[PDB]
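Numbers here simply count residues along the sequence, with the first being 1. Order of appearance sets the numbers: ligands from 1, and atoms from 1 within every ligand.
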Amino acid sequence: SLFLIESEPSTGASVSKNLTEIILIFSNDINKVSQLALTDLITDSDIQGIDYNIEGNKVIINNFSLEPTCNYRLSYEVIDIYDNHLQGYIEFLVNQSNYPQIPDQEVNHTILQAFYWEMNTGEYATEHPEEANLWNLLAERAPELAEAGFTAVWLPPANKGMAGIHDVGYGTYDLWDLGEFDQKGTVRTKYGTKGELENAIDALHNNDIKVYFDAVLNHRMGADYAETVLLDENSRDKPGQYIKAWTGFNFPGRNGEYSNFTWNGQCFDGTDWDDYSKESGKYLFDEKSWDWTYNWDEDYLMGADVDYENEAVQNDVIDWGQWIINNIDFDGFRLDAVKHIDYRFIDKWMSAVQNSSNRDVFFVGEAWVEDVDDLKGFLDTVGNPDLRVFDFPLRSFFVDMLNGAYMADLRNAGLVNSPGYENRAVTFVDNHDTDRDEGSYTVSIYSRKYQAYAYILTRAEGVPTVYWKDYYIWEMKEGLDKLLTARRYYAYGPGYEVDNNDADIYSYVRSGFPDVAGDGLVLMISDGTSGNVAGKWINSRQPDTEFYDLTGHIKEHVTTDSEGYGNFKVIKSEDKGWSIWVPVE
Ligand SMILES: C[C@H]1O[C@H](O[C@H]2[C@H](O)[C@@H](O)[C@@H](O[C@@H]3C(CO)=C[C@H](N[C@H]4[C@H](O)[C@@H](O)[C@@H](O[C@H]5[C@H](O)[C@@H](O)[C@@H](O[C@@H]6C(CO)=C[C@H](N[C@H]7[C@H](O)[C@@H](O)[C@@H](O[C@H]8[C@H](O)[C@@H](O)[C@@H](O[C@H]9[C@H](O)[C@@H](O)[C@H](O)O[C@@H]9CO)O[C@@H]8CO)O[C@@H]7C)[C@H](O)[C@H]6O)O[C@@H]5CO)O[C@@H]4C)[C@H](O)[C@H]3O)O[C@@H]2CO)[C@H](O)[C@@H](O)[C@@H]1O
Ligand SMILES: C[C@H]1O[C@H](O[C@H]2[C@H](O)[C@@H](O)[C@@H](O[C@H]3[C@H](O)[C@@H](O)[C@H](O)O[C@@H]3CO)O[C@@H]2CO)[C@H](O)[C@@H](O)[C@@H]1N[C@H]1C=C(CO)[C@@H](O)[C@H](O)[C@H]1O
Ligand SMILES: OC[C@H]1O[C@H](O)[C@H](O)[C@@H](O)[C@@H]1O
Ligand SMILES: OC[C@H]1O[C@H](O)[C@H](O)[C@@H](O)[C@@H]1O
Ligand SMILES: [Ca+2]
Ligand SMILES: [Ca+2]
Ligand SMILES: [Ca+2]
Ligand SMILES: [Ca+2]
Ligand code: NA
């Protein structure tokens with residue numbers, strides 16, 4: 001049978017105006033190109049003078065000059081060497097060549113989460129062998145990340161873990177070992193050596209990208225030795241019994257470099273394992289008490305739980321934080337498991353790290369709380385103005401969207417829409433805990449993920465985060481790059497809600513800056529599935545302005561009236577139900 005196998009560009013692509021040829025690859029050798037047209041779809045004009053050449057089953061089309069922002073269709077009728085006839089087309093959109101000029105200081109911030117759970121395991125190791133040396137890879141990719149519009153990267157925990165080269169990083173053994181010391185069976189971490197990390201940091205900084213460390217302060221695992229420890233009469237399990245606890249940490253590979261501190265049972269509140277009875281439990285050590293947490297009795301999670309009421313422990317961990325920023329040159333932190341760490345300590349540590357340098361250190365906590373009011377309460381309780389948090393509440397709306405949501409409610413969803421707290425939201429769609437292959441803790445955003453990204457990337461509040469697995473592994477880069485273009489160049493000025501959202505369509509307006517030519521956008525997203533194009537009458541805040549859809553989805557322009565209104569459009573499908581309208585000029 002005669003069909004098109006592939007094309008370069010693929011249908012629906014955004015391409016540079018510098019593109020010189022279109023390649024069509026057919027299933028059979030081609031005898032004739034009967035008909036061929038490259039049509040500018042906005043003006044409905046066929047481009048004169050295009051040429052083609054046949055090479056076996058390939059047709060190469062060239063001799064054209066593409067116009068930035070224009071939507072094109074290449075239509076063909078071919079005849080193969082068996083006399084089969086095939087009529088078809090591809091469509092593509094040309095990138096803008098002259099973008100709005102946003103002052104460097106006002107450019108939007110966007111984070112890349114630069115890892116996932118299964119990196120360099122199983123089939124991912126075979127298919128993406130470059131990920132066997134993540135720090136080297138990030139150094140190699142820094143220019144492309146910067147070009148894409150990322151301004152910060154969140155690294156996986158970069159210190160040594162209990163599982164050595166296999167640890168994703170959360171099995172914290174030694175904070176002071178960044179892949180420098182022979183500990184846990186390896187000198188490097190999963191990601192590389194300390195020197196490779198420092199090379200990555202310097203390469204990322206060379207491209208004006210900030211670097212955040214994933215700090216895991218709650219627990220320690222992989223103790224060097226076990227101790228006999230009496231449990232408190234207040235212990236939930238085995239009160240008043242001796243257990244054998246893995247609480248001895250002396251870091252013999254490191255041999256005291258950077259910090260002479262060593263850990264024993266007096267540095268921990270408790271543990272979940274007794275090596276005598278070989279029984280799990282929740283064991284509180286004699287004379288210890290669980291630290292103050294937002295929710296009652298949430299200090300214990302796993303491992304040997306750090307006692308942040310111990311002053312020597314506090315001092316070492318504060319020293320470590322200061323080291324990471326001032327000596328290792330990080331720009332901020334993700335605080336893992338933040339709700340399980342003494343809130344007094346979190347506040348004191350943050351302020352001590354912030355106060356140690358003139359650099360404005362970024363902090364985001366992972367407080368897995370899906371109710372907005374509960375998450376506001378958490379923030380209120382830690383009381384540190386610099387603490388941002390991941391917007392798990394907003395992500396709950398994306399989970400709703402999987403089988404259909406009431407889309408107008410995106411006006412009010414999430415911490416990012418909570419008055420007084422919007423600027424402390426770090427918005428996201430998935431991460432290494434919500435999108436993993438096995439042993440995920442929730443369902444992933446397996447449908448309508450683009451819509452979710454479009455929503456967080458165009459918003460005037462919050463700092464959005466892109467997940468490496470989505471961008472590089474699930475191969476959503478091509479679509480995400482369009483959204484990142486929107487954010488980098490267009491998503492500026494105040495944000496406005498609209499008055500005609502409904503069950504299936506949410507729209508949103510960024511007016512642009514009054515002193516920047518050509519910025520601003522109209523977002524339309526939908527959870528509809530009827531497969532039709534739908535419109536909404538929206539006030540763009542840009543009178544008498546022509547807009548185009550930078551996603552390539554709608555092959556029309558919208559020209560607003562003297563009051564700024566136009567009929568902006570979106571396709572009602574899962575796959576293509578987002579559009580971002582931006583000025584043509
Ligand atoms: C031979 C050997 O001998 C010695 O070794 C000894 C060791 O030294 C000892 O330390 C000890 O070791 C013990 C061992 C040994 O195997 C195991 C065990 N530890 C396991 C652990 O049990 C296991 O699970 C796993 O842990 C990893 C985890 O699975 C991964 O996912 C990852 O995690 C991290 C992380 C931890 O750092 C935290 C982050 N995310 C958390 C989040 O922070 C947290 O709050 C929670 O979220 C829940 C919400 O809190 C909850 O509310 C709910 O959410 C609801 C929401 O609130 C509502 O609003 C809404 O409506 O509903 C929501 C529902 O979704 O649910 C969420 C989700 O659950 O969890 C999330 C995930 C971070 O992002 C995560 O990625 O990493 C973990 C660590 O790798 O593995 C470890 C190892 C014991 O604890 C440990 O003590 O004993 C051995 C001897 O056996 C000697 O030392 C050695 O030298 C010798 O070789
Ligand atoms: C392309 C696709 O990639 C990712 O999807 C992953 C899931 O994250 C992962 O859990 C697994 O999904 C299974 C899921 O766990 C299970 O609950 C369900 O019953 O079956 C799923 C199929 O195996 O694997 C898929 C990858 O195969 C992203 O999370 C998805 O969002 C992403 N979809 C994108 C891409 C397209 C294609 O253009 C859009 O049509 C789609 O709406 C968009 O969300
Ligand atoms: O304090 C360090 C030492 O104390 C102990 O008694 C431990 O059993 C031993 O393994 C450890 O090296
Ligand atoms: O706030 C968290 C609560 O959990 C634990 O029970 C603590 O011991 C208690 O002091 C703390 O306030
Ligand atoms: Ca704790
Ligand atoms: Ca304590
Ligand atoms: Ca709906
Ligand atoms: Ca403007
Ligand atoms: Na504790």
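Per PDB records, the drug at ligand 2 is named acarbose.
Short version: main partner of acarbose (ligand 2), named per the PDB entry, is Alpha amylase, catalytic region. Heavy atoms under 4.0 Å from acarbose (ligand 2) belong to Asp435, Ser444, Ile445, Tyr446, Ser447, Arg448, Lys449, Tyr450, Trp474, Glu574, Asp575. There is a protein heavy atom less than 4.0 angstrom from atom 37 (C) of acarbose (ligand 2).
Nearest protein heavy-atom contact of atom 10 (O) of acarbose (ligand 2) is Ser444 OG, 3.2 Å.
Near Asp575, with a cut-off below 4.0 Å to any heavy atom, the atoms of acarbose (ligand 2) are 36 (C), 37 (C), 38 (O), 39 (C), 40 (O). The protein heavy atom nearest to atom 29 (O) of acarbose (ligand 2) is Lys449 NZ, 2.9 Å. Within the listing of acarbose (ligand 2), atoms 29 (O), 30 (C), 31 (O) sit less than 4.0 angstrom from a heavy atom of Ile445. Per-atom contact check: atom 6 (C) of acarbose (ligand 2) touches the protein, criterion being a heavy-atom distance below 4.0 Å.
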